[PDB]
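Structural view - rosiglitazone in its complex with Peroxisome proliferator-activated receptor gamma.
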Amino acid sequence: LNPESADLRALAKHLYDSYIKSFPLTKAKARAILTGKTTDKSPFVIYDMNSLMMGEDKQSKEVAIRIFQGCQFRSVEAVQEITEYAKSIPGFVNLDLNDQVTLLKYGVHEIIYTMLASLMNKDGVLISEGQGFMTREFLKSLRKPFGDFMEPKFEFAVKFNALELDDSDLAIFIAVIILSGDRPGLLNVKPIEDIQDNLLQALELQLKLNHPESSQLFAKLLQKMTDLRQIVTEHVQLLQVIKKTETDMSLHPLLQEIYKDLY
Amino acid sequence: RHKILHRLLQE
Ligand SMILES: CN(CCOc1ccc(C[C@@H]2SC(=O)NC2=O)cc1)c1ccccn1
């Protein structure tokens, strides 16, 4: 290790520590829960309407809506955690505040679906901080339009999880996503690109040191950033459909704010 | 616009 590499290791560590502070349920813990390698009770499995209702004992709108709005509630909490994490990225809070807002607005869902993969396997997803496991099949079975809203997220996840990143890798990756200089409407791109340049260098070194056997992991990971955007744009279209067809529902105000003039 | 995010950022 040389002095520039050292500064990059320090940045990696600083981000890892902020990540652990900001995000209560890590991929480490999630994996422990999913494999069974934990001394906690295994999670309650939700695979049908009945199991759901018995698990709720751990509103009274229809099931698909209750599930969809539980996802909204989780995002709202996730946005708060991501906002706190973003504030720890060196140089972030020194940006024009309008640009901080724009970066968060466009970054949060990409990060949400990234971190959701940490909680997923090919059969289902941990919920309620790992106290539950909701099956992929059950989510597929929901009545249209809700029946296939999770499928693109699971398909992304199985591919993304094959990279076998850990929390120390994810912490840098997430910061890279937030510091994207090509978000629409940014006022001053230069200081954002300067920060992202450093982060990307930090990520590349991190991946070389933590995964020395996995050649071109850095390049595979950068291509996923493009796939995350697709997940978000498609989701926006699904939301448009849902907003037209289900005037039962109401989007949480934080989410209205994020989604307004997003794509 | 972005009243909440502003708030979370400045908090
Ligand atoms: C399927 N799970 C795990 C969370 O799965 C999520 C799926 C999608 C999102 C994105 C939300 S949903 C929306 O329209 N906008 C958003 O930001 C957020 C979380 C459930 C289901 C019920 C209760 C709690 N957890």
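The first sequence line is chain A, the next is chain B, and the lettering continues from there. Per the PDB entry, chain A residues shown: 204-261, 273-477, in order. We're sticking with the PDB entry numbering for chain B, so the shown stretch reads 686-696, in order. Read the numbers this way: they start at 1 and go in the same order the structure lists the ligands and their atoms.
In this entry, the other chains with a heavy atom less than 4.0 Å from rosiglitazone are A.
The site surrounding rosiglitazone, defined by heavy atoms under 4.0 Å, contains A:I281, A:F282, A:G284, A:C285, A:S289, A:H323, A:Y327, A:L330, A:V339, A:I341, A:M348, A:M364, A:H449, A:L453, A:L469, A:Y473. Ranking the protein heavy atoms by distance from atom 12 (S) of rosiglitazone puts A:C285 CB, 3.8 Å first.
Counted by heavy atoms under 4.0 Å from rosiglitazone, the UniProt rosiglitazone-binding residues of chain A that qualify: A:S289, A:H323, A:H449, A:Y473. Each of the atoms 16 (C), 17 (O) of rosiglitazone lies under 4.0 Å from some heavy atom of A:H323. The nearest heavy-atom contact from the protein to atom 25 (N) of rosiglitazone is A:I341 CG2, 3.5 Å. Annotation: atom 22 (C) of rosiglitazone to nearest protein heavy atom, A:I281 O, 3.8 Å. Most of the interface of chain A with rosiglitazone sits in UniProt domain NR LBD.
Nearest protein heavy-atom contact of atom 10 (C) of rosiglitazone is A:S289 OG, 3.2 Å. Under a 4.0 Å criterion applied to the non-hydrogen atoms of A:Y473, rosiglitazone contributes the atoms 13 (C), 14 (O), 15 (N), 16 (C), 17 (O). Any N or O atom pair closer than 3.5 Å counts here, and A:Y327 shares no such pair with rosiglitazone.
In terms of N/O distances under 3.5 Å, rosiglitazone is approached by A:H449.
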